[PDB]
Amino acid sequence: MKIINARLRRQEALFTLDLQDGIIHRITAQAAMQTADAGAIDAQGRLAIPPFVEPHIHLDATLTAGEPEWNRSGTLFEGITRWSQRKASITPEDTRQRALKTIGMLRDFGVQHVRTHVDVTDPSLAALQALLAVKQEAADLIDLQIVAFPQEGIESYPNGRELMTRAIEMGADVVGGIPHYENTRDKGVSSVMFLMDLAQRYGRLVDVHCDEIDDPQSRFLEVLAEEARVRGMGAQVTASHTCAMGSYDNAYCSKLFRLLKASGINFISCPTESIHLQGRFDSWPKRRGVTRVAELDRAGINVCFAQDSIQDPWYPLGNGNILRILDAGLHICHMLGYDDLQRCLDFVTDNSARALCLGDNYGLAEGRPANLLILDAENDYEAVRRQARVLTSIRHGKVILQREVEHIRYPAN
Amino acid sequence: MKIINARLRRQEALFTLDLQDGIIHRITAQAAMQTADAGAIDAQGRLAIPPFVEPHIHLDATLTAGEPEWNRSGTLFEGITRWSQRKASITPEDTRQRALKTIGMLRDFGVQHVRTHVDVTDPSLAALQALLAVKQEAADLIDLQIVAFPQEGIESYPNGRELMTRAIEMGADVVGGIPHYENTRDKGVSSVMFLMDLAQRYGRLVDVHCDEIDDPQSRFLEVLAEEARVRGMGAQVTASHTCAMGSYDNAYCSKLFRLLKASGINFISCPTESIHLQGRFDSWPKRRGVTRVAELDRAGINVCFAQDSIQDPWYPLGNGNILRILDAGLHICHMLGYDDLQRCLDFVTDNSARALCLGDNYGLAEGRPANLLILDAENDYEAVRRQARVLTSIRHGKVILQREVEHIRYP
Ligand SMILES: Nc1nc(=O)[nH]cc1F
Ligand SMILES: Nc1nc(=O)[nH]cc1F
Ligand SMILES: [Fe+2]
Ligand SMILES: [Fe+2]
């Protein structure tokens with residue numbers, strides 16, 4: 001299949017992309033606009049990018065907001081209580097139906113790579129069973145990674161170490177954790193030691209809910225980064241949230257950055273989720289509660305944005321559109337400078353792909369899989385400013401989604 | 001013209017809206033999802049609302065981002081510097097062309113009511129002249145209100161008082177102000193006294209940029225509210241921004257609220273603008289810098305949301321879509337409760353209309369102007385969740401915008 005008149009990120013020239021056998025066969029700069037022969041897609045000067053990535057979402061909990069009760073306080077902790085209640089009625093088929101519906105939303109907005117956390121603090125591991133099957137069933141739309149996520153703690157929940165182990169042995173791709181939620185500081189530390197041992201023993205990736213709390217004493221990130229560094233696993237390890245970093249002592253944080261850089265770990269921020277869940281224990285002034293995204297990025301540290309929740313016990317909105325999350329993140333993290341906006345798509349594509357260790361299975365380069373979108377915009381700035389629609393989504397060389405370009409009529413002239 | 005099968009806000013019932021001679025002739029409850037007759041518009045269970053309002057925007061500065069230099073710090077103060085530079089080459093034609101294009105964006109997203117601030121710290125009053133003209137020219141799309149806004153201060157700029165007076169004489173609807181930017185506290189206070197005298201003498205509305213700064217000592221709001229209360233002009237008065245309130249001592253703020261309630265003034269918050277401009281002088285933790293929107297609303301005080309800027313020396317983004325602003329404000333102000341979401345369109349429709357004193361010229365009631373939208377959603381919650389598109393905009397009983405319903409194909 002041929003795509004002509006396509007823009008590529010941060011370049012002026014138009015390109016033709018030749019897709020064959022499910023991979024990108026050739027990419028070639030054109031002289032100017034050209035005409036689509038039969039069986040050629042004309043991108044019409046629109047941007048072609050690799051697919052959006054959703055590197056952190058809770059598909060087991062998606063679409064359960066209000067069941068059986070609402071999170072009245074809007075806090076992380078009440079959300080956990082509400083989820084605990086909903087867990088009483090989770091079945092594999094219930095999980096499957098909700099997850100597939102949310103996957104449809106992600107697909108509608110150009111997401112082809114998803115990393116989902118699944119709560120394994122449930123002796124039945126019902127949601128895990130369902131999502132391991134969804135991974136197979138939904139492969140025509142997405143590549144799904146599954147994180148074994150001990151929502152109620154590893155050290156603090158009955159048989160927590162055993163449940164994490166079962167989940168990894170069943171084939172969860174990523175080992176999770178929640179050290180700030182363990183009952184004591186010492187158990188928070190030992191949970192990190194366990195999960196890293198587990199990840200290393202089974203050769204899995206790591207993605208830990210790390211310091212998702214406004215307490216400036218929540219410093220489990222240093223433990224994770226140092227284990228990553230010592231074990232030589234940096235690239236395989238992601239720290240999600242790190243909200244407490246947004247409240248750290250600045251002298252400590254400056255020291256910390258040396259280790260963060262040295263460890264080579266990745267960071268995920270969920271700005272719409274954290275703006276909603278953080279700052280709840282302040283009066284006024286009210287902190288933003290988001291990690292230091294701009295600063296990590298300027299230090300050469302890989303950071304990206306994620307939606308986290310869609311209509312679940314923690315977050316009542318969500319429609320699958322990662323560009324809305326990008327917009328929120330640039331605002332809250334003070335990244336609306338000219339240079340930030342010229343490359344802002346990094347934070348929902350390339351950086352996220354690096355966090356998920358997609359390697360050569362991602363990106364527009366000859367020889368890589370033919371997975372791409374055509375966006376209704378010419379560049380990064382216009383993409384975020386207009387919240388550009390995904391006009392075409394192509395997966396394994398096939399068109400899986402097509403939108404018409406919006407047309408507004410003015411009947412009164 | 002007849003619209004059938006329309007949802008109205010916060011009800012499950014279906015309605016027919018009958019429009020004649022530019023007004024809403026009849027609103028009738030239906031007993032079913034009806035088959036449409038040849039002439040009728042079938043809303044198909046979609047929500048009909050009065051138009052979105054943009055109660056605070058700077059049209060004179062719109063689409064000037066980067067001219068002649070960028071706001072590198074992303075601060076309110078550098079923004080004023082860059083604007084001062086851009087103002088050096090502002091002309092009426094320049095203002096008119098940019099303002100019309102942004103008005104086009106606002107129209108595209110269902111905005112029919114707009115209050116623009118115009119910088120009158122300019123002895124040529126170029127932008128004001130242009131916008132007074134645009135108010136008439138663009139009346140087929142929007143009802144525009146103009147605020148005489150002394151960007152560089154009243155007491156603090158050469159002939160500031162005389163320029164404010166001249167701007168009002170020329171026909172500005174609203175008297176503006178910027179007390180926290182005056183050079184001393186005492187001059188901030190005197191500027192409020194002057195601007196209230198000016199508004200009261202010429203019978204104009206008031207809308208002040210009030211305490212747009214993270215300084216907890218910035219307390220001009222109390223002076224503004226007290227003057228409003230004493231003069232009996234609360235309903236005519238609006239305080240825009242009030243970012244400092246998000247940093248006030250809490251005992252003081254609790255006391256202040258009694259005055260805010262008694263004064264009857266309105267509040268406008270610009271969440272995307274403030275999240276961008278505020279908190280710049282903190283390290284960590286970093287404050288939100290937005291006023292106490294949820295608290296004002298719970299105290300029965302009228303508050304609403306606005307875009308503030310579209311691609312200007314203060315804010316590099318913007319596309320005219322007020323629903324994105326609503327989204328931002330609900331998140332940043334911690335108003336994502338179930339109850340909040342069920343009525344969240346208040347903050348970009350009814351509340352804003354109240355701030356602009358639109359009265360019976362606004363709202364879906366018999367006898368009122370046939371100005372309304374059909375949104376691609378059934379209720380407030382879905383409208384903000386999906387960022388619902390405006391499918392139809394009707395003004396004075398005529399369709400002025402039509403969008404196709406989006407249809408995704410899956411091959
Ligand atoms: N933000 C969240 N934190 C958690 O620990 N669980 C689920 C969530 F959505
Ligand atoms: N937020 C703003 N404050 C001002 O004083 N001027 C212009 C703006 F856009
Ligand atoms: Fe999460
Ligand atoms: Fe303003």
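So you know, we letter chains A, B, ... as the sequences are listed, proteins then strands, and number each from 1. Worth knowing before you read on, the calculation uses all heavy atoms, side chains too, and leaves out hydrogens, waters and symmetry mates. For this deposited structure, the header notes the method as X-ray crystallography, 2.0 Å. First listed ligand is number 1; within each ligand, the first listed atom is number 1.
The chief contact partner of ligand 1 in this model is named by the PDB entry as Cytosine deaminase. Located at ligand 1, the drug is listed as 5-fluorocytosine. With a cut-off of 4.0 Å on heavy atoms, the other chains touching 5-fluorocytosine (ligand 1) are A. At a heavy-atom cut-off of 4.0 Å, the residues contacting 5-fluorocytosine (ligand 1) are A/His58, A/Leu76, A/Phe149, A/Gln151, A/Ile178, A/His209, A/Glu212, A/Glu273, A/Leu277, A/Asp308, A/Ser309, A/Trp314.
If you check which protein heavy atom lies closest to atom 4 (C) of 5-fluorocytosine (ligand 1), you get A/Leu76 CD1, 3.5 Å. Counting the atoms of 5-fluorocytosine (ligand 1) from 1 in the order shown, those under 4.0 Å from a heavy atom of A/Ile178 are 5 (O). Where the criterion is an N or O separation shorter than 3.5 Å, residue side chain and backbone included, A/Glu273 meets it with respect to 5-fluorocytosine (ligand 1). For 5-fluorocytosine (ligand 1), none of its N or O atoms has an N or O atom of A/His209 under 3.5 Å away. Closest to atom 3 (N) of 5-fluorocytosine (ligand 1) among all protein heavy atoms lies A/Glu212 OE1, 2.9 Å.
Listed by number with element, the atoms of 5-fluorocytosine (ligand 1) under 4.0 Å from a non-hydrogen atom of A/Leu277 are 1 (N).
In terms of protein heavy-atom proximity, atom 8 (C) of 5-fluorocytosine (ligand 1) is nearest to A/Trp314 CD2, 3.5 Å.
Among all non-hydrogen protein atoms, the one lying nearest atom 6 (N) of 5-fluorocytosine (ligand 1) is A/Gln151 OE1, 2.8 Å. In terms of polar-atom proximity, A/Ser309 is not counted as a contact of 5-fluorocytosine (ligand 1), lacking any N or O under 3.5 Å from an N or O of the ligand.
Note: an N/O pair closer than 3.5 Å links A/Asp308 and 5-fluorocytosine (ligand 1) by distance alone.
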Report every pair formed by an N or O atom of 5-fluorocytosine (ligand 1) and a protein N or O atom separated by less than 3.5 Å, giving atom names and the distance to 0.1 Å.
| unit_1 | atom_1 | unit_2 | atom_2 | d |
| --- | --- | --- | --- | --- |
| 5-fluorocytosine (ligand 1) | 1 (N) | A/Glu212 | OE2 | 2.7 |
| 5-fluorocytosine (ligand 1) | 1 (N) | A/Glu273 | OE2 | 3.3 |
| 5-fluorocytosine (ligand 1) | 1 (N) | A/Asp308 | OD2 | 3.0 |
| 5-fluorocytosine (ligand 1) | 3 (N) | A/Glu212 | OE1 | 2.9 |
| 5-fluorocytosine (ligand 1) | 5 (O) | A/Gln151 | NE2 | 3.1 |
| 5-fluorocytosine (ligand 1) | 6 (N) | A/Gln151 | OE1 | 2.8 |

